[PDB]
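Quick notes on the structure that follows.
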There are 2 protein chains.
Amino acid sequence: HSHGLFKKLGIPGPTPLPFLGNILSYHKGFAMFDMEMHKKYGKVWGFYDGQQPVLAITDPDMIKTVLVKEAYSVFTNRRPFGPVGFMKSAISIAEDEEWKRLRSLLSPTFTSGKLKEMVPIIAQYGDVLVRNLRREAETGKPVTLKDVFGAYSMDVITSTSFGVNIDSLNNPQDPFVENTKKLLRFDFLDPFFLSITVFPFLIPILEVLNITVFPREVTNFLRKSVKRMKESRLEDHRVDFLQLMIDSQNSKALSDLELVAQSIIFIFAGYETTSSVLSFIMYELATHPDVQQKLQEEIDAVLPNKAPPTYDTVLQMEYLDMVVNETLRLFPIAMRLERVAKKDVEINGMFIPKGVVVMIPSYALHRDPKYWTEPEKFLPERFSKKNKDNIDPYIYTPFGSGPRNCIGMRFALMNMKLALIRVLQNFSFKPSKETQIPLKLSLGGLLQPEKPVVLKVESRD
Amino acid sequence: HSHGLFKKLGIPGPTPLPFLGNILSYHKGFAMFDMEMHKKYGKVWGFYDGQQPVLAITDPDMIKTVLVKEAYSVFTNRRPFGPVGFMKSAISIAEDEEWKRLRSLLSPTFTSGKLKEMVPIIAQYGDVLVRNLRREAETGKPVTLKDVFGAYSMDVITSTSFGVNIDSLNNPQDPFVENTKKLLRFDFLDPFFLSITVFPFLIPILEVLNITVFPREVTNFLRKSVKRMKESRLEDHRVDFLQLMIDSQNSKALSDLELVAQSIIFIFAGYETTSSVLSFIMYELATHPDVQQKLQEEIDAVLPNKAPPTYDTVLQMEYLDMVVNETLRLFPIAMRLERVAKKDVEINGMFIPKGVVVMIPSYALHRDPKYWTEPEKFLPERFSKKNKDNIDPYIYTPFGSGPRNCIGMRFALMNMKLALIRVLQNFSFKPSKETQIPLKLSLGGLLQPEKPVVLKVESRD
Ligand code: HEM
Ligand code: HEM
Ligand SMILES: CC(C)C[C@H]1C(=O)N2CCC[C@H]2[C@]2(O)O[C@](NC(=O)[C@@H]3C=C4c5cccc6[nH]c(Br)c(c56)C[C@H]4N(C)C3)(C(C)C)C(=O)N12
Ligand SMILES: CC(C)C[C@H]1C(=O)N2CCC[C@H]2[C@]2(O)O[C@](NC(=O)[C@@H]3C=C4c5cccc6[nH]c(Br)c(c56)C[C@H]4N(C)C3)(C(C)C)C(=O)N12
């Protein structure tokens, strides 16, 4: 009955099927689906994830109304996502007043003073990463980036969050390593999540039985592990997220269960994200020696003879920033952004009923010919001081936008840049024979390459 | 995963869809679906009602193996049908040893001695039907057959079962009339039954909450009504099903709840069936004056000057029997017959795994060009002594076949014939302007005409 909504409002889209709505259209993944629909329906289309109506918008003004203008009043929350348990209190899952409160309590965590203080910790692991990478370089076997960057992502996360200093790559069997690395982003296209989309009525049944998409084993270890590194350990001032969160309950307020839910979500949100992007960047660099050479030239020029990177020097590297940005354009890992209309609204011309998920298809927008010349091409120059004025911040949205944008944006940029600097100071990266060209994306619900990125690593003396 | 079954066995059929299986193919009803599939897959095809695999067979030998040969050992039961409650003990729904026991206890009910004893009761209402029909005839407004035959069906059922003598047509507000006539055959194509097919896992949930497809209001009235006409009434020897059922517990055995479940199922099975067929017969007769004239000539010849029909005279009317049979050929109301394989089996060449519903598509078989010359044509002669040897009893199956065939077959034939005799002794039937020609069947899950049959009635003096 909800399947006549877009018909009633006179909005075009793919004709839904009883029960399934439009989900069979996901056979080629989210990105493709969004590309095809944009191409054939233009600026706005409507579709159904089961019985849930989703309105895709592509108009920059419209997008700002949703993400910025009407955030607090109408578009405050993401779609509710499944059986969730105690993780319901995680910032990214929280709603309305719960969210606003957690956002407030957690903002001061990601400030530049706190961030500049985090530099010497996250640098210590630029060194470890080099060390590991060279061990593969002088033995000379084509490297798997996700493995080495994955290892790197975790090391910085553990240490910056809790202070659990561990070489995850060489310690694969470490109890903290086994738990955390299980925490991977959800494929909303897998069988179980498709079942939840078609039968959302089953969610409360799952919630009552303490079933939750976050593996109970993982969340338990940490649940009572954080308990040790507060009461058994830190009960006596260190530089990490946990402290910044401990002292914050020490004046609002923050319960014990909430605090762990945030610690978990910083990993789940932070871990695969940082390493997928760092892996995509290297791919482009390896397939574009000119851009790599030039980046290495900017790095040696700024930090001569392998000087260590600092907060101020990172911000000073223009081409570095251009390369990170162009990569995010091609591979914005979120693919889509989403808000639910709490109430009925009329955004710039069109009426949107309560409960409709309004979706911004970031990937299709990033690769749109009507905003981007040769948008399949990797062209850092797009982002140079001269060109980067012709870039709409609501067409280009790798970190979302508005009050509910990526909270860890600054931290993530900084982290990746530091990783990239140390690595490029010591090594060059070249295509192996197993390297797939062009790169192919997983037809799954995740923006990742269909085969893992394998690259040849060579020292620079 | 069950959707690769027919692929694995190398059996052809329509490719199923995730979850839905093949149910969208029912958009034109059961009969059409079965016709199309036969035409395009030949002798055997496989399809999925949701996740339930159904094997259609059309080979007469094969059909006899299922319906007759392997009934007791392998093909004992129909598919389980939904939330059912106390009606689980109704003969037509019962399984294995429960069924075999009820079949036994109820066989002696439908014998010809009992049946010949039922004649004077069921005749009393041939008279009532004439009386009502004439009231419409001399006022001269085109009659709706279902209404008058419906009324007739019930009158004979109530009286033959319980002894509740009521002119249902002129007593539409009678408390026994309002209850019973709500009891109509299930449309397995309506929304609720489609939901149960796609989510059969919900059935036990429904059963626990005492939800049941037989309306609780209806089943309750009778439940405690039968209680009155046993203890308050018959506790003191009459000719009816109830008695035949009362004395049978008076020697195996029969519980109180069972007895009512059978009383209900004789109505639900008997009521719409008798009147749908009686309505289809009149349609053919009205659209074929030659056949009507001839039938009336056989009736006057056997029962001169309006003599009342008897058991022996009914059996004596060949053309009558030919007309009833030809109509059932065109409109076998069951459309399909079904058995579930209790275990794995290998019927004459092909292997059939446990749980597969094996289905005989009676309607398509009745209208098959390879067994029937001009099978769309209404040609009683098909069934004359000379031709009726060329008729396979497993191609032609209006009352099913084997140990689980229609238990009320003899009673139903007799009842319809008596109705037809009295009616044709007094009246002729002619097409109105609202009469649709040719007749169109409901695209629903029931074999009924898309518009109700309206015919002009005229006295014969
Ligand atoms: C390349 C790396 C990263 C990318 C591309 C990324 C991207 C995004 C995007 C697109 C959103 C959606 C915001 C919206 O709805 O508009 C988001 C939200 C979020 N990100 Fe990130 N992110 C990254 C790294 C991180 C890290 C390292 C953290 C934690 C330290 C983090 C924590 C979050 C949180 C908590 C939210 C939800 C904020 C809220 O709803 O209140 N992210 N991110
Ligand atoms: C024109 C009228 C009727 C037709 C065409 C008809 C047809 C059928 C058919 C095709 C079956 C399926 C048997 C099988 O699976 O092979 C059946 C079963 C049955 N019929 Fe009828 N029927 C009619 C009237 C009646 C009446 C009047 C009664 C009750 C007095 C009745 C009671 C039953 C019962 C109880 C079964 C199930 C037997 C069992 O499973 O043990 N039917 N009928
Ligand atoms: C999933 C939550 C718990 C994690 C949170 C987070 O903390 N992240 C930070 C970096 C990445 C980001 C996140 O994973 O990615 C985010 N979003 C998602 O993962 C979106 C959420 C979806 C979803 C949730 C529940 C039921 C569903 N049925 C279907 Br079909 C989908 C779906 C599609 C799916 N879309 C397209 C992606 C944003 C960037 C938009 C998100 O909210 N993330
Ligand atoms: C339904 C039961 C309780 C009544 C019993 C009966 O007592 N009848 C006597 C005369 C008619 C006959 C009956 O109604 O008709 C019978 N059969 C049916 O009504 C069949 C049963 C079906 C069914 C049951 C449960 C779930 C389902 N999902 C789907 Br898709 C279907 C379905 C299709 C449907 N088919 C094709 C018809 C026979 C003649 C075959 C039957 O068993 N009847």
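Chain IDs: alphabetical, in sequence-line order. Throughout, chain A uses the PDB entry numbering, with the displayed residues spanning 28-263, 267-281, 288-497 in order. Residue numbering for chain B follows the PDB entry, covering 28-263, 267-281, 288-497 in order. Ligands are counted one by one from 1 in listed order, and the atoms in each one are counted from 1 as well. Atom set for the values below is all heavy atoms of this structure, side chains included, hydrogens, waters and symmetry mates excluded.
- In this structure, of amikacin, bromocriptine, saquinavir, dihydrostreptomycin, daraxonrasib, the molecule at ligand 3 is bromocriptine.
- Short version: main partner of bromocriptine (ligand 3), named per UniProt, is Cytochrome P450 3A4.
- Lab note: other chains with heavy atoms under 4.0 Å from bromocriptine (ligand 3) -> A.
- The entry attributes the source of chain A to Homo sapiens.
- Comparing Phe60(A), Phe74(A), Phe304(A), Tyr399(A) against atom 4 (C) of bromocriptine (ligand 3), the shortest heavy-atom distance belongs to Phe304(A).
- When distances from atom 28 (N) of bromocriptine (ligand 3) to the protein are checked, a heavy atom turns up under 4.0 Å.
- Close approach of bromocriptine (ligand 3) to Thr224(A) is summarised as follows: ligand atoms under 4.0 Å from at least one heavy atom of the residue are 28 (N).
- In summary, the atoms of bromocriptine (ligand 3) found under 4.0 Å from a heavy atom of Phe108(A), numbered by their order in the structure, are 3 (C), 24 (C), 25 (C), 26 (C).
- For bromocriptine (ligand 3), other ligands and ions under 4.0 Å: ligand 1 (protoporphyrin IX containing FE).
- Inclusion of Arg212(A) in the set of residues having an N or O under 3.5 Å from an N or O of bromocriptine (ligand 3) is warranted.
- Scanning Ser119(A), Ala305(A), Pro227(A), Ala370(A) for the heavy atom closest to atom 5 (C) of bromocriptine (ligand 3) points to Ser119(A).
- Contact atoms of bromocriptine (ligand 3) toward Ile120(A): 3 (C) (distance under 4.0 Å to a heavy atom of the residue).
- Comparing heavy-atom distances from atom 21 (C) of bromocriptine (ligand 3) across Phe215(A), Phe57(A), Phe435(A) singles out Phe215(A) as nearest.
- Contacts of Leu216(A) with bromocriptine (ligand 3), taken as heavy-atom pairs under 4.0 Å, are absent altogether.
- For atom 10 (C) of bromocriptine (ligand 3), the protein comes within 4.0 Å by at least one heavy atom.
- Where the criterion is an N or O separation shorter than 3.5 Å, residue side chain and backbone included, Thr309(A) fails it with respect to bromocriptine (ligand 3).
- Atoms of bromocriptine (ligand 3) found under 4.0 Å from any heavy atom of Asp76(A) (numbered from 1 in listed order, with element): 30 (Br).
- Examination of the model shows no covalent partner of bromocriptine (ligand 3) on any chain.
- Within 4.0 Å of atom 15 (O) of bromocriptine (ligand 3), at least one protein heavy atom is present.
- Atoms of bromocriptine (ligand 3) found under 4.0 Å from any heavy atom of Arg105(A), numbered from 1 in the order shown, are 42 (O).
- In this structure, residues within 4.0 Å of bromocriptine (ligand 3) (heavy atoms) are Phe57(A), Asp76(A), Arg105(A), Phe108(A), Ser119(A), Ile120(A), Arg212(A), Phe215(A), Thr224(A), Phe304(A), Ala305(A), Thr309(A), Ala370(A), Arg372(A), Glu374(A).
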